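Here is a PDB entry that includes amiodarone.
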Amino acid sequence: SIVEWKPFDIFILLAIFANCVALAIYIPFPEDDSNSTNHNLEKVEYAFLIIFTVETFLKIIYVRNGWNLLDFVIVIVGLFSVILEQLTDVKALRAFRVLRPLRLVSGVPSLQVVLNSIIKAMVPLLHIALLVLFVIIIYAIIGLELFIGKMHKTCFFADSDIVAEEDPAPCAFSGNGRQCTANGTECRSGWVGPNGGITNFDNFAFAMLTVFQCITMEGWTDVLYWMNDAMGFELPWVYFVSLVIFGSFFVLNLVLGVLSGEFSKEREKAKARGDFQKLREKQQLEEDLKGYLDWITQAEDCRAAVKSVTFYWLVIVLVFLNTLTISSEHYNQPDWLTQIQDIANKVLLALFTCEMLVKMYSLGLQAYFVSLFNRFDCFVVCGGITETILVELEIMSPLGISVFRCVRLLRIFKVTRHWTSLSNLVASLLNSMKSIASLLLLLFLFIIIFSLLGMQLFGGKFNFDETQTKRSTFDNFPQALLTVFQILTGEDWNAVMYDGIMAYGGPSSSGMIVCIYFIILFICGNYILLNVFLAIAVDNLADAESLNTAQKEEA
Amino acid sequence: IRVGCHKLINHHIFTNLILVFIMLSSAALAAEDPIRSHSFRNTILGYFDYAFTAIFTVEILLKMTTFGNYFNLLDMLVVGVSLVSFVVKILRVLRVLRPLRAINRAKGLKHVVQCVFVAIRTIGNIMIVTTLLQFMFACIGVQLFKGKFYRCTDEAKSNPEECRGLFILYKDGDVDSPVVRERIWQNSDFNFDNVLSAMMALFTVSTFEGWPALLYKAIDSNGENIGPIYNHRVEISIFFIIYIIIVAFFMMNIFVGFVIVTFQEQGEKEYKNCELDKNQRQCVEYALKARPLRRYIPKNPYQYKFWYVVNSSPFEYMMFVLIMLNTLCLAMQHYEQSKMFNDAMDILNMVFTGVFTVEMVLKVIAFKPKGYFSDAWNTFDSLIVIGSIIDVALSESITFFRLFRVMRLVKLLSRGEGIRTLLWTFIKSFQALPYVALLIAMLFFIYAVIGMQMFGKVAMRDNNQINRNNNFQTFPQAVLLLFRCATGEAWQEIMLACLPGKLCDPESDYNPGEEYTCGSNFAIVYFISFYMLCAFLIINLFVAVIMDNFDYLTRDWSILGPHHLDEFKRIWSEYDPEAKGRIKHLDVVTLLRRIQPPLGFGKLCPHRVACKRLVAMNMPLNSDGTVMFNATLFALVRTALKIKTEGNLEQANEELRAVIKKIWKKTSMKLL
Ligand SMILES: CC(C)OC(=O)[C@H](C)N[P@](=O)(OC[C@H]1O[C@@H](n2ccc(=O)[nH]c2=O)[C@](C)(F)[C@@H]1O)Oc1ccccc1
Ligand SMILES: CCCCc1oc2ccccc2c1C(=O)c1cc(I)c(OCCN(CC)CC)c(I)c1
Ligand SMILES: [Ca+2]
């Protein structure tokens, strides 16, 4: 319509962020419970729907672009969800609201290009994915043939349906495996399974799920031991050891090699542009300024001691003593050591601040604020001198003692100044901090989106055991975020998957279809991590390595 | 006369005999019973060591006769320990140094060990930084969770003054099944009491194992000496999140990145780019290392009819379809299937094995069976059907032959351009570096033997991590435990299970009265050192394998590659029924017409550009229909790369004899 470009596109982005916050505040109560916050948030969501529809109809002139396609798909599915909710799994139709945070990347081109690069860096991995698919299928069929329905025989009591031990394990199938020998115990069929029936090889879907669980090096030993108990003792080790080596060690080598060979392609292409020269030119004049700032000023504007060789080692000894005092606290420490620590802190703070005031009034006030190496030293000294008076005055702050010891602990970094190798990488890291922050923000957005989706799906649904409370749930936003992070690191993600499967019925029924949420989250989440933290390392280490070659030859 | 001893020690067979004796002695060491000290097997094995330690004794003296380095001192150290052994536990532990004696013998082992040491030295900067970061985080964690990880046996008493006496426990939450249990105010297994404990806990967190439990234990931490509360401070998880992001995601990926970049820079010592770059060095060589092939076209057209029938695109696509169908029919057998379902499966299996046998007989008739078995794929499927065809009458041991029919899907993996070559390249690279995995094998051997000697007497129970499936009582089982820890499954749990206060199995010859003695404080350093060493060695092996074939990983398919030359050779062989050197020039125009533009010529008229270019460039002045394989392929390669003018053609020969490897008299006709 009428020209409205600079205020409109940032106001709508602020609206997106506000909608993200509103979605984060919502608490998924179990069994249709609610409070006042959700009662207000439904009207807030209404208002967001009307504003989104208004701004969509304002700019229709638009559908061919994929981003705008998703933009109005979200609006139309939200409208349909509202209509169906008013005219009454209708509540699950609002799970498309989780894609609204994804609209924020369209508002920032600087992050849109990063997302596009990450997505485009995925095509070479399709061969490895296909190979993994064949490996999984082949091993699933092999498991189906070798052992089907054999982990279904635990040891109950005498003429009863109650299992003997609280951690049941299968008996032998035909007198070869484990034998349950207790006071009164005979073992027969009729058992449900090891993980409630979720981990077994008595179906193609079950076999594929078990093989995918084992190929990620998570809980493969549990399956191996269960098969050792159920079947014999000589075959199962050949199946699982080879599956881990070929399926995981070999494939992780496949992915890492392909990624390494892909980063080098773009490193040797942007090098022809002159990106390394920009960093080299900036760094080559930093050594030309330090000399042309002291020598040109040392003539007419204590400096003998600070530039000596004894002063540096004395400061090293002082910081070593500071570290020793810091790293000596423990539970039930002797009463004579607390006083030693609290007087050593005082005297060493006084000595460090005396040294700092000597340094400040020996070379120049305006020549040290520019350098970042000594810029936070004044903050550390001020915080240390503030802590003493804060504690001794009428402010106790029992937790404040443990928060002010960290800034005093950071003084250990004073030993890592003259390295010429640590600082060389730090220079490149500071140069590329903008790309670093962009990648980290994209990772954070991905985590937030998956946390919101998990809150929508499994929110208030892990209350099915009635005997214990789960810690890795999706009850609220911080807990969902922690759970998504844990699944991302790949630690006991199978337990969360089993809980999510049982939350929708069990191994039977159509509840197992939700397992693709954790399969996608692990595969897609781990790909991003290997394309973010590895890319930061690779493209900032070759830059530092090449600087040393230029710096050494020019020296 | 100390020259005969020199001849003996330097003899061709003596070094091999010494090496095989060393490996046999190591194998004997890895077969001793760790539990039963008074066992018959150990007595026999001890007799074996007596002869083995005498040969090693008679060769050091024999070598000492002819001489008058640090590796020789190590050899004397190992022999000395055995003689002194004849306390004793330390000598028994030091007996594991036998495999190290083979380092000085095999050159490859020495080279890989030196490379590993160099890699360790060049990466020491990062290790110091990450160790300092872990130390800082351990100090912060000590300040934050000092003594707050305590808890009582029952979650009803929240201070030590209340956690005394007995209490009623309701098993599994049932109110009608109570049992009396003691109240113990016990600390957590991994805590932040002092700096060492904090460092250990943070190491376990950084290994991405058991970290959620520590997270949810730290979230509940109330105070100095009182019990936890459910979700007391969720915001304390920021410490764990920040630590994980900074160390395990950043300082650990920077480790692998630094290894990769160091290997890549070290391998770039090929400073021979006086006239040719990396692309020329990668493309021209395949011209030299080429050997033509024939099509194996048969005779007797009555037999060639079947050959024409078989070798066709529709036949291959049909076999693809039926192999996928057989795979689908295999992978839909469920549990407790119906009798009719099983009967249908049996009939369908009979049909599929019959159609595959028909395939086999048709192909063996049509493809001249003398050379039919020459190919690897053709022999592979023959074994599949033969094992499958004998089970049809056995339906009414056998399980082994069933797995054969699954392998037909593997042949479908080599049906795509790129997934087959990726595998080919990486298995070739693995085969090219066999000594790198030998370091991992030696590490596993040494640590398994040490685990036997140290924790081999810990009793096996059912509720603990040292169970019937996981212990140090046998070499396969100890190696399996080490593999499980390398994967990092519950390695810290086993480490905790190996502490001194553990029950011993009632089979070792221990002093009566005391049975909670086996286990040692060596477990912590043992497991931590093994994890670090195995992770480093695995990273080193992975990066070495990746760097061995790095040209393929950066192929840049747009410019050129060996695939283009292979396609050229395969298309050419169609017009060359035999590889007898010289070929016919009649259909060269159509041959180049069949080639892709990057190597041949485009869709435009060949008479305007291609025909001019074929004759304009210098060619050997041979006969009308005589021209060698190299005389065409190398000429095409030189046409595609660094095109020059006339007069300086002998510069190509100069480059071949100077920069390229020895011509080996293969360029006599290529001089023209
Ligand atoms: C010890 C086990 C794990 O065996 C190994 O691979 C070696 C002994 N050490 P490692 O620490 O193993 C964990 C990393 O595997 C990455 N992974 C997996 C699948 C995937 O699809 N994507 C992906 O990134 C990760 C999930 F990111 C983890 O950080 O190997 C590293 C290799 C390169 C960079 C960092 C670590
Ligand atoms: C042979 C001596 C070098 C072994 C070694 O020492 C170190 C000191 C500080 C930091 C790392 C090392 C180190 C490693 O090689 C090493 C250690 C770890 I922990 C490590 O990461 C553990 C595996 N992984 C779990 C998924 C971490 C993310 C890796 I990769 C390499
Ligand atoms: Ca794990």
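Each chain is given a letter, A onward, matching its sequence line's place in the list. Throughout, chain A uses the PDB entry numbering, with the displayed residues spanning 121-181, 192-218, 235-447, 516-769 in order. By the numbers in the PDB entry, the shown part of chain B spans 875-942, 953-970, 979-1288, 1314-1589. As the structure lists them, so they are numbered: ligands from 1, and atoms in each ligand from 1. Header says: electron microscopy, 3.3 Å. Cropped entry; intra-crop contacts only.
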Name every ligand number or chain letter assigned to amiodarone.
ligand 2
Can you help me out? I need the name, per UniProt, of the chain with the largest number of contacts to amiodarone.
Voltage-dependent L-type calcium channel subunit alpha-1D
Using a heavy-atom cut-off of 4.0 Å, which other chains touch amiodarone?
B
From which organism is chain B, by the entry?
Homo sapiens
Under 4.0 Å from amiodarone, which other ligands or ions appear?
ligand 1 (sofosbuvir)
What residues sit within 4.0 Å of amiodarone, counting only heavy atoms?
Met1019(B), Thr1022(B), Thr1023(B), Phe1095(B), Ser1098(B), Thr1099(B), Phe1100(B), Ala1140(B), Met1144(B), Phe1147(B), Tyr1448(B), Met1449(B), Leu1450(B), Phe1453(B)
